[PDB]
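Quick notes on the structure that follows.
Here is the naming used below: chain letters follow the sequence lines, and residue numbers restart at 1 for every chain. Indexing begins at 1, ligand by ligand and atom by atom, following the structure's order.
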Amino acid sequence: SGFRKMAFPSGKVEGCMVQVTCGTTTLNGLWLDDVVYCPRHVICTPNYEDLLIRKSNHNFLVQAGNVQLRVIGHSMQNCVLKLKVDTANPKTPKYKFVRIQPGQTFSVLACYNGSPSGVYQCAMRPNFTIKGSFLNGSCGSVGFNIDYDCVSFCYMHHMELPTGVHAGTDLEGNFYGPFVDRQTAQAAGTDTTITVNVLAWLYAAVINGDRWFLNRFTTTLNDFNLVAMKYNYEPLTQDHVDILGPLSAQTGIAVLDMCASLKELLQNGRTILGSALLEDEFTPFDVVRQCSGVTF
Amino acid sequence: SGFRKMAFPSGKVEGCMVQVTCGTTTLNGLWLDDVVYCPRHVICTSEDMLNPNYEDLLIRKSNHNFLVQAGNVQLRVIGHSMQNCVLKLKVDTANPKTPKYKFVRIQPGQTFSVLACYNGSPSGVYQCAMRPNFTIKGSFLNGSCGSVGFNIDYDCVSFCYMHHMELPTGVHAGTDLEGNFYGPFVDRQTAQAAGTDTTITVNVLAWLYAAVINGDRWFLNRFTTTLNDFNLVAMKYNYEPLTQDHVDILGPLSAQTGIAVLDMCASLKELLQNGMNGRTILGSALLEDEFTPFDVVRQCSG
Ligand SMILES: *C(=N)[C@@H]1C[C@@]2(CN1C(=O)[C@H](CC(C)C)N(C)C(=O)c1cc3c(F)cc(F)c(F)c3[nH]1)C(=O)Nc1ccccc12
Ligand SMILES: *C(=N)[C@@H]1C[C@@]2(CN1C(=O)[C@H](CC(C)C)N(C)C(=O)c1cc3c(F)cc(F)c(F)c3[nH]1)C(=O)Nc1ccccc12
């Protein structure tokens, strides 16, 4: 029993982290095969096309611990810098690049100077920001999930907003949300609660012996959606009902019955899983992987 | 900026996890050098779990009775010895992935990362704290015994915990890497009760300093208190006593924010009497006690 904010085992990702230095700027790089992916803002003192044409291969100092890697080429893809290196990473795992949807979670391996400092779970907020923990030097730190034995890289850290939340790109350099890689005052849209994730966390509470919030009532998907609007909650789709199915069968509580419990919880407000708020940073798959004991 | 429940990168520990099987029992083992450390209850029979005689069961075991697997590589056991509640299995090959490591025994209130494993393979990593009643609030299912707790300063892995059992309340109990249980727990399937748990006061105060560092000031007040008056309050709320030693360790955080410890104590006293009134501190609607003053410094400074 027990329910914690559990990250993925970061072992496969640590073997990919390298230090990238350009001028007086030092950040992190993701070494996969013979390419090092890192935020392009490492070339700033901005016109990225201009600054990149004025760079040579040896202008980029890449370090894998104490081993200096020789840059044999460089190219830009959106907001990511791709540095071709002479040696392929022997610790390159089975990996792929994915772009996650708002509401999806991932583990962040925070790094400084190419070395991993810590690991934590994060959710891609519906306003396309992450509520992470990043200090100066953590750009290039990545977000990932693990399915079977494949690392799915979904996030690269680029910036912090004046509000304290963070923003970054997928591994193709495409920013999540309306953010740009300029050191300018940027504002995130009004954030909303990930409804399907709160429902999955309520199923995790039933699995761990918390039933006080349950009620006899059931609802329709349309009535529950009218309620979600009045509370800044993301709409619940029929697709979300299908992904909640396995958790609904394991507890014997229909999704629309748990929706009537969530409606009641939102109108009145005890603790659930040691929290005094409705937690939205656990997907239905996060609940299954923790409560079923999925390994990697 | 930002404040999260941050675990240590588990890479160095994943390379040490092996699967240990004894009879019909399968659990996790920690492979360091040519020794595999695991909970000794792996030698218990499904029938006699209440009062096993470990010295008696270990004398009737041979090296070939222990099946150790490192992924797909079966390791040959060349010897076996018992140290308190841990079983140490001498193996023929030294772990090539053995990191720089040491064994430490933590004090209640201290935090650490838990690499949860099943069948020798890592499932997940979370942050934990040694509760004042000597239990941990882990997330563990059957087959998780042998999973370890660790801290990684510089490049050395401090192994401080090995998972052994779950108590009827859903909390967990285990040993240090010398096999000494934390608390009054024994490795038997006998009726065991953890004492009434209490809140780690110094950790809540450190987390309040982390909130000021991250721009949360709503809970602050002009009042100050004495250490003795605050301690009378802590009792009325099931909080552990705040000692002068705790004031000293909180010093660096107090100097970085300019808020005296006894002033933050008057804010905690106020927070305990009213609550949150709908407000949140660092995204939590409760007073968090699982961050030591050193965890706050690690995360906020680097
Ligand atoms: C990456 N190495 C660091 C880590 C940091 C963001 N970051 C950057 O390099 C950012 C690059 C820009 C996208 C060009 N960066 C400097 C910012 O995001 C940034 C700078 C400021 C301010 F000066 C003021 C401000 F109000 C603001 F919102 C800013 N954002 C990160 O994740 N956290 C952090 C803290 C301190 C310095 C750097 C970074
Ligand atoms: C380790 N492989 C598993 C994981 C589990 C505890 N655990 C054990 O093997 C424990 C060994 C004892 C110390 C001999 N174990 C069986 C328990 O701690 C245990 C068994 C029971 C009960 F039958 C009833 C009960 F009320 C109780 F509190 C028990 N504790 C773990 O951490 N969580 C878990 C869940 C289910 C099975 C095993 C384990």
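Notes: drug at ligand 2 recorded as EDP-235 (bound form).
What binds EDP-235 (bound form, ligand 2) most in this entry is, by the naming of the PDB entry, 3C-like proteinase nsp5. With a cut-off of 4.0 Å on heavy atoms, the other chains touching EDP-235 (bound form, ligand 2) are B. The set of residues with a heavy atom less than 4.0 Å from EDP-235 (bound form, ligand 2) is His41(B), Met49(B), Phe140(B), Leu141(B), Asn142(B), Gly143(B), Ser144(B), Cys145(B), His163(B), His164(B), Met165(B), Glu166(B), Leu167(B), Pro168(B), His172(B), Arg188(B), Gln189(B). With respect to covalent bonding, the partner of EDP-235 (bound form, ligand 2) is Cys145(B) SG.
At least one protein heavy atom sits closer than 4.0 Å to atom 13 (C) of EDP-235 (bound form, ligand 2). Polar contact check, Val186(B) against EDP-235 (bound form, ligand 2): no nitrogen or oxygen pair lies under 3.5 Å apart.
Taking a distance limit of 4.0 Å, we find that atom 2 (N) of EDP-235 (bound form, ligand 2) is approached by some protein heavy atom. Remark: EDP-235 (bound form, ligand 2) and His163(B) share an N or O pair separated by less than 3.5 Å (distance only, no angle test). For EDP-235 (bound form, ligand 2), the polar-atom distance check against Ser1(A) finds no nitrogen or oxygen pair separated by under 3.5 Å. Here is the list of EDP-235 (bound form, ligand 2) atoms found below 4.0 Å of a heavy atom in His172(B): 32 (O). Result: the UniProt active-site residue of chain B nearest to EDP-235 (bound form, ligand 2), with minimum heavy-atom distance to 1 Å, is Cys145(B), 2 Å. The largest share of chain B residues contacting EDP-235 (bound form, ligand 2) lies in UniProt domain Peptidase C30.
Proximity of atom 25 (C) of EDP-235 (bound form, ligand 2) to the protein is not indicated, since no non-hydrogen protein atom lies closer than 4.0 angstrom.
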Just list the N/O pairs, EDP-235 (bound form, ligand 2) to protein, that are under 3.5 Å apart, with the distance for each.
| unit_1 | atom_1 | unit_2 | atom_2 | d |
| --- | --- | --- | --- | --- |
| EDP-235 (bound form, ligand 2) | 2 (N) | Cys145(B) | N | 3.3 |
| EDP-235 (bound form, ligand 2) | 18 (O) | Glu166(B) | N | 3.0 |
| EDP-235 (bound form, ligand 2) | 18 (O) | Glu166(B) | O | 3.2 |
| EDP-235 (bound form, ligand 2) | 30 (N) | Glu166(B) | O | 2.8 |
| EDP-235 (bound form, ligand 2) | 32 (O) | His163(B) | NE2 | 2.6 |
| EDP-235 (bound form, ligand 2) | 33 (N) | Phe140(B) | O | 3.3 |
| EDP-235 (bound form, ligand 2) | 33 (N) | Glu166(B) | OE1 | 3.0 |

